[PDB]
J.: 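Lab note: structure loaded, ligand of interest is spectinomycin.
By the PDB entry numbering, chain A shows 5-254, in order. As the structure lists them, so they are numbered: ligands from 1, and atoms in each ligand from 1. These numbers come from the heavy atoms of this one structure, side chains and all, not from hydrogens, waters or symmetry mates. Method on record in the header is X-ray crystallography, 2.8 Å.
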Amino acid sequence: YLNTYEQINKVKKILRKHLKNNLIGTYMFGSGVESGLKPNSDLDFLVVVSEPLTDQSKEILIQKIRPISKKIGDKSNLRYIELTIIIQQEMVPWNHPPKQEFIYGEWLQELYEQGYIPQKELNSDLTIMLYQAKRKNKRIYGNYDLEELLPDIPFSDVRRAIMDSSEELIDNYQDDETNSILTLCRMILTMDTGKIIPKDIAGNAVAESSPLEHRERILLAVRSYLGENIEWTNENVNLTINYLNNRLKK
Ligand SMILES: CN[C@@H]1[C@H](O)[C@H](NC)[C@H]2O[C@@]3(O)C(=O)C[C@@H](C)O[C@H]3O[C@@H]2[C@H]1O
C-alpha cells in the first residue's frame, strides 16, 4: 500500500498542487525529526501560507489527505498525519495565543465526515509547536527556513502556553488517558530545563521522580503508546493527572 516515504511525498505534492503560490514553505517537526524517526512516530507537518484559505480550499485538503493518513484503529504500518497551516502575516506582531488557519488531525475525523471544515481559530497549543519547530525542523519545500518566517517567540509565552493547555487538559483527560499523562510530564520538563522531549522518555523521567501510585500509572501509559493494549477504565488516572498538574504549577 503506502510506506512513510510515499506519505511524505503525497503530502508534499498535495500542498504544492492545491495551494499554488500561496504556499511559502512546508516543514516537519515533532518527535519525527527530534530524537529520530522511529517506526512508531507520527508525521507532524507545518505549513506556512500567505493568504487565507476559503472553506472549500480547506475542504479539498481534508479530502485528499484523508486516504494518505492512518486511522486510529488501523493496525498497520501507516502513521498519523498531523498538519497545521499558519499565515505569516497573522504571526507578526507576535501575540499569545497565536492564530491558526487550518488543522488536519485524525481525532477530528468524526467531525470531518459530518461536514466540519476547520476554520480560523486561536490555538494556545500552537505556541509550543512553533517554539520547538523553530528549533528543530526539516524543510521539505520552500525558499526560506522556518526561523526567518516567524518572529522571536519569547520563553515567557511558552511557559504560559504550557500551563494554559495544562488546565485545559485536566478537564478533558477522559478517553485520552494514555496521551495526556505523558504530555503533562513533557511539559514538566519543558518548563524546568527547557527541553522538549518525546513523550516516550518524558514519562519515564518523571516516573521514578514521583510517588509509586503515580509511578505505576506513568509507566502504564509508557506501554500503551507502544501498542500494548491497556484498558484505563478501572485505573484511577484522576489522581495522577491531578498530581502532574500540581507538580507543574510553579
Ligand atoms: C496536541 N493536539 C492533539 C490533541 O491533543 C488530540 N486530542 C484529542 C490528541 O489525540 C491523540 O491522543 C489521539 O488519541 C489521536 C492521535 C491521532 O493524536 C493523539 O494526539 C493528539 C494531539 O496531537
J.: Give, per UniProt, the macromolecule that holds spectinomycin (ligand 1) with the most contacts.
T.: Spectinomycin 9-adenylyltransferase
J.: Which chain residues come within 4.0 Å of spectinomycin (ligand 1), judged by heavy atoms?
T.: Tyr84, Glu86, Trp111, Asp180, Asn183
